[PDB]
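A look at one PDB structure holding zosuquidar.
The chains are labelled alphabetically, A first, in the order the sequence lines are listed. Note that chain A carries the PDB entry numbering, so the residues on display, from first to last, are 1-225. Since chain B takes its numbers from the PDB entry, the residues it shows come out as 1-220. Using the numbering of the PDB entry, the residues shown for chain C are 31-629, 693-1275, in order. Counting starts at 1 for both ligands and their atoms, following the listed order. Only heavy atoms go into these numbers, but all of them, side chains included; no hydrogens, no water, no symmetry mates.
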Amino acid sequence: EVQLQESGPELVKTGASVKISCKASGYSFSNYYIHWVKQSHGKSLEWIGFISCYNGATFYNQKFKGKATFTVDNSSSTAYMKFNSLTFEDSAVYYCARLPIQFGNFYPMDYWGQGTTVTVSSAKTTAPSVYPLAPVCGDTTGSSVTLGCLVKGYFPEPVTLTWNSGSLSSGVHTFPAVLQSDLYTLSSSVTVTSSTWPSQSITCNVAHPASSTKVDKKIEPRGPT
Amino acid sequence: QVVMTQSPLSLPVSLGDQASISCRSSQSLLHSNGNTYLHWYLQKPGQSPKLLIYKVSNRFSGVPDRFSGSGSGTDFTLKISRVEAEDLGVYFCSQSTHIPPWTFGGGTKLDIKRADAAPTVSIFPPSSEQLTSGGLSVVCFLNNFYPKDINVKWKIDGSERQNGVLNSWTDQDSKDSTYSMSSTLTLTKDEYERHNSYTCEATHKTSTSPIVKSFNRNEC
Amino acid sequence: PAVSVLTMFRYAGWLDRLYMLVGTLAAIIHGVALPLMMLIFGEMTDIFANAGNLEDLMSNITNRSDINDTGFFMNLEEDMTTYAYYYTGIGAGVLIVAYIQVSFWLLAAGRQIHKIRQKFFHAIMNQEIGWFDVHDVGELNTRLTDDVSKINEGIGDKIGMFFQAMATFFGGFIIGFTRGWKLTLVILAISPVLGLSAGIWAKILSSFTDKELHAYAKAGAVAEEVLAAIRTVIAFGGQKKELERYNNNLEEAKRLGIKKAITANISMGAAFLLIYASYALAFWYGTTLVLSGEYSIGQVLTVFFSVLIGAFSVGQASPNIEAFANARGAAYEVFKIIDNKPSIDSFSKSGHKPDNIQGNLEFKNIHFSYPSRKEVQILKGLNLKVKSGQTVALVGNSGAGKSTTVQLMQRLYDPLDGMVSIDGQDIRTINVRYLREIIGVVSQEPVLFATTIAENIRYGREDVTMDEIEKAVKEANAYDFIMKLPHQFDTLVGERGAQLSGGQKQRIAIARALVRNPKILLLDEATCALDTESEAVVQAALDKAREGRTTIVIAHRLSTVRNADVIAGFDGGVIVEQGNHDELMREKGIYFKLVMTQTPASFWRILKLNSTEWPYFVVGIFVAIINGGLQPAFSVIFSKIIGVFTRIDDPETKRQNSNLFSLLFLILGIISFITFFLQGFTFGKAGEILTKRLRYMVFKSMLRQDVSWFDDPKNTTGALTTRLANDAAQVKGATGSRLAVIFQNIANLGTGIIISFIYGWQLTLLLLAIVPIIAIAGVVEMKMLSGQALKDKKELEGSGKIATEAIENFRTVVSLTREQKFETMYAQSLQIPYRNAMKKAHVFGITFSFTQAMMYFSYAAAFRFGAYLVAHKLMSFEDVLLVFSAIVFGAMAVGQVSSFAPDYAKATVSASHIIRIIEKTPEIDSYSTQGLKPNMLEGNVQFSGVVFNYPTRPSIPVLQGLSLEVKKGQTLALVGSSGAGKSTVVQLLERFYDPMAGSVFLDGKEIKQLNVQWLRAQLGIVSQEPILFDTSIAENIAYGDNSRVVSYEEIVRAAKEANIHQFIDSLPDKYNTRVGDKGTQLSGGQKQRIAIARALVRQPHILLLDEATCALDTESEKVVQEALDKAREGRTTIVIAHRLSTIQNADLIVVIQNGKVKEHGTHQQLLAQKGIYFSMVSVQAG
Ligand SMILES: O[C@@H](COc1cccc2ncccc12)CN1CCN([C@@H]2c3ccccc3[C@@H]3[C@H](c4ccccc42)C3(F)F)CC1
Ligand SMILES: O[C@@H](COc1cccc2ncccc12)CN1CCN([C@@H]2c3ccccc3[C@@H]3[C@H](c4ccccc42)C3(F)F)CC1
Ligand SMILES: *[C@@H]1O[C@H](CO)[C@@H](O)[C@H](O)[C@H]1NC(C)=O
Ligand SMILES: *[C@@H]1O[C@H](CO)[C@@H](O)[C@H](O)[C@H]1NC(C)=O
């Protein structure tokens, strides 16, 4: 049993600091350097720095100097970094690894935290805009049909979207939230037959916690326009 | 600061065979001691990254005999011999033997090697409520393809547009072994009164013929 | 034989319990200092290891690095600013704590053993005189010094180190279990073996100083008995024989010495083999535990060093419990004496004190036996009355009833039946003291105490003025000769001062009896041992002393007893007949039978002395260097293992480098065990054949040396058996030991200085300032733990003179009851070195505390400046470990080595004495072989004008022009007055000395050209009280003739003419009956017949009969005279004569006085001369 568990996801506004923690359990804590490493979305693992974790003797990367500050807590056996003066280029997934001090550089970073995602924003808690996406009007040539619903412009993470109140799971594709003009955007689609819809019912049940919102968009075909 | 070019980029392994992943550095990773220090890690999504191989040929306490690595100098390889379904994550190669950056490799996913198939396309116009509220969003859904090498083509009235585009891909579907993506343009309302032909196209390896879909504005 | 612990702590007041309580708590908090010192060492080596690994990680950090790495040491430079405070806090605490634990226990022991020693001399001096004769007096004296010194060693200091070492044990395992329990159990698996090796090593370390002479004690007994009996061993020959016998007892003590030294060095070899094996086990396992990322190097040093000093602290506490057990066994018979009790208490003040006592004196039906043997009855139904002013003289068969009367009148013993009265009042209802002051005793042999004359009169009565001393000496007829001696009354007498004659000592003993002014006077054989000239003036002084006093006299030779009022005759303890002289004359009883019977070293010389067993020395030198090599080698591999944990190498090369170093610890263990196994074997065996050959050469030398050398007061028997025994075992240390010291230390410190200067020189200069005081700490701590620095036993040898004097002369010190004055003198002579020991108890406490404190401060000062060097990158941490471990731990090693070895001042003064004695050349060489050696056996002896002076006192002359001829076969007896020189003629004719002028002729030839062994071969001496050797009968009689096969049958003839064969034939185990303290004790007459037989085996042609007054035996007096008359029948015989019955039948008698022969002739012719012969014969006519 050796485990490094980290805190939960953060949703911090721009400029204010955030303090993120790497709690260690199951080993002799007073030996291993705690390396903090950074991973953006779809990029290489950047290296932030480390702490000596016996006495907190830091060493920062040249890029992340000043706009990152490490500290420890020996009694509760945790590590911390306060990552002050945020920008949009600091929303990422942060990991902590342990390295043996007795032979560093010559031994792998062998145990790792599960990663804490820090999402840095500047916007306010915004209600979504749920829009139905009927098929294009005119021909219906295929016996299979795809129905869409897109949740536009919301904030913050996440939106719990659900098709047909949970009774339809035969082609539910729900994409990650794409960011535009510091406001999220999510999309969803389903596939049923041409004799199913518009003969039966179909609706998109969109639920957002922080705006306490449950929009029920029963999709209708595009009529004359 | 040796910049590692880990060469795979995404690796289509099938089930029950061997697939090799290459890590090519840009400086000789041979220390003054006759020891080459690069390390191979596994990483599943949601969980922590596991150390898998260290010092290209050794092995860590608790990992089975399917994982062995070879190579030297600036050419490195790990061997996925007789792959299971339990090791399907992103693999990456640490380290620089020359500290302090500890430069990591990029990453290498794995896969299932489904047989190939061309995607399905559909264009959805901007909804009526967004026309009421003040914007437009054309959304091209295209589902159930393989592999993850697809290039979407937005073209308005036969003319290029390369900005204000929204691409979104989904991950490896663990029942059907396909992918999907969809694209989206939200533009200002007035621009919808300036064009008719909106075309979404798919450029994928399974067809030299592009998967074209189009609509004009006036008809219904 | 075991006091309970609380019964032992009986002489402590309210103060000493506070001293041992506070010193106990100080022991507890002193013992826990060193394990937390290992704790602080653990944290600081984690400081240096972590900062060394962090800076040694990123040395690839250009651009700018001038403040990165220097700041990475700004971590380690302000952090040891407070660990310097922890080290100086442990030092400044352990200074006052180590001070108060040692001085408090020594001070509590000083007060306790002061009261125990003083009150034990009280309770010995308050003990009844019958208890005195059961218990041997020499053993009781040795108990007085030894047994109280043993309770001293057990009571005070060892049980402070006991709580120190047990608190070190429990604190060591408490911090060991609270840092890391896993490696604590891994060492605790082997910790019984480590504790056992530690225990045996500590027990052979402690003493190590006293149990070394038990193997020698047999041969030392031989050497003692032959040196005590010199004037018969150099007289009968057997210098070669007793030299062979001492050699034969000496070789066995050599063998047990060999076994002692080899088992001692096995027992050190297992100790260092197990510390250097447990180093390998715990750095092996602690290595494979810190390589897994589970401990730190500071934990491994903390838990390993503290647990291992705990396990060794057990064995450090091992000999203290047994020293306490020996103290408790000693206290059983000290406390059993000082508890209880006499029945006749000479100190009590219970009974009446009647004044103006006239002395009406009565014995009524008294029945008594001595308490040593109840079965024989000494006195039965004895009745006497003597009224005031009257004189009774008691005579009869000797040994029965004579002296027991004067021993019952002083109430020395209680009679079983009957009653003894003074003035109608029972003597057992009066106080013992007031009884003993109204009675004056005059013993047979007078004793004088080793102080001035006037100070002997002080012992008689302490409040006497000098005028009353002058009148008492004038009344004792002692004034005119005491004014004539050189100094005055303040002349020192005793065994140290000048030697007075027997009549002189006796009439100042009379002066003590007269200064007491007694009403009853008791005289037990006051003049049996005195000659005819001094008995007249003594009898004049006693007749003056009897005027007006009731007197009881017990004496042989009853010449003036006629004048006494009543004469009482003894038979079987009963007085049969009483009256004046003339009534005992008419009765024709016992008395008429008695009257008709009457009428620079030069050190290279000591290696030249040991220049036979050079191969041992050569291998010893080559092996001692290997000891000195392996002391820095430990610091080298120790700083390479901790030096490999403060860098950042590959895990596999750290694993195999640490396996290399752990194996190299074990190789250091093996090559340590061999190297002082056989270093102890080669210096032990070379030194012990050096001391066996050196004992044998010094003893062969001493048997050659003449009688003149033995008369030297620097050469008494204790000085020569003690000198031989000590100064032969010391000189072992003067050569063999010192080369081991110098080569071990020069390889040790020399190599440490050199390698330490190679790796970093500034810090070595700093530690070179520390290096004297911590080596002093090594030698002072080893002298503390050996028990050597506390005992000296040379400041109490000024107070053992009076204790020894009062134990040996106990009859006199009771009969004048000065127990109290001797308790006072012993009390003050004990109180001055008491005060000195009180001062020294603080000085040794502060030097032990101070120099231990230098060890802890030395850690502080070393590692601060070490942190400064490491901080500016001009050293590393394995170099401060290498120069600190080498200079400092090498300094402890040169202290321990330079103290564990023996001395060098006592060794060189010992070798000065030995080589000063073994090359001595005697004057009258006995072992020589030149000489005429004829086959004449005539033996007409002729002294011609012999002038001799005794060389112990060359001022006084004894013989001047002594000439006398002795023809073949006839008998010459010699008599005379005191100071005549009559005993000297035996020693001059046997050639113990040569005369200055004159000549000694044997058979017309001067003795000085004859061989001495042949001369002594044709002379048969028979000494006064015969010396018998510790062996059977056949050797003691066969000892007479040596260089002969002597046949068993030949013993029987000599025993027949010595008149013991008929008596031996009833004895158990007739001829191989052992004689001595264990076998049968023979009477003085029977022993005298044995000496006659020993002289008769030689069948000599000259017989020297050395016999003296007086024989009380009355059962063997006639058979010794029969055997002497059978021996003198056809042999030329010279007799020193004191019995008047032997002299009538001699062919010639010679009276000597002041070295001058007065007259010659037969007995009856010199009787008709009416000179000195007629005077001497006319004395017993009264
Ligand atoms: O000197 C003091 C304290 O000294 C220090 C204080 C603070 C820190 C120190 N750090 C390193 C070294 C000493 C330090 C301890 N003595 C050290 C010397 N013992 C001696 C001794 C003698 C010769 C060879 C080895 C030993 C060692 C133990 C032992 C066991 C039974 C009987 C005696 C002894 C042993 F056989 F294993 C007594 C206690
Ligand atoms: O200098 C050395 C080498 O000893 C000798 C070598 C060669 C010849 C010798 N000849 C005579 C006497 C000693 C000789 C002796 N120190 C004596 C003092 N030790 C102290 C010490 C203190 C208290 C109780 C036990 C110990 C013993 C070892 C130890 C382990 C860690 C830290 C300190 C020490 C231990 F816990 F087991 C170091 C070795
Ligand atoms: C590198 O560091 C040194 C530190 O003084 C500085 O002088 C030098 O200018 C630096 N090099 C550059 C290009 O700035
Ligand atoms: C370490 O190096 C960097 C180089 O700029 C410097 O800023 C920093 O102050 C250094 N750390 C210390 C304690 O000096």
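- Copies included, the model assigns zosuquidar to ligands 1 and 2.
- Within 4.5 Å of zosuquidar (ligand 1), most heavy-atom pairs belong to the chain that the PDB entry identifies as Human-mouse chimeric ABCB1 (ABCBHM).
- Within the structure, the other chains placing a heavy atom under 4.0 Å from zosuquidar (ligand 1) are, by letter, C.
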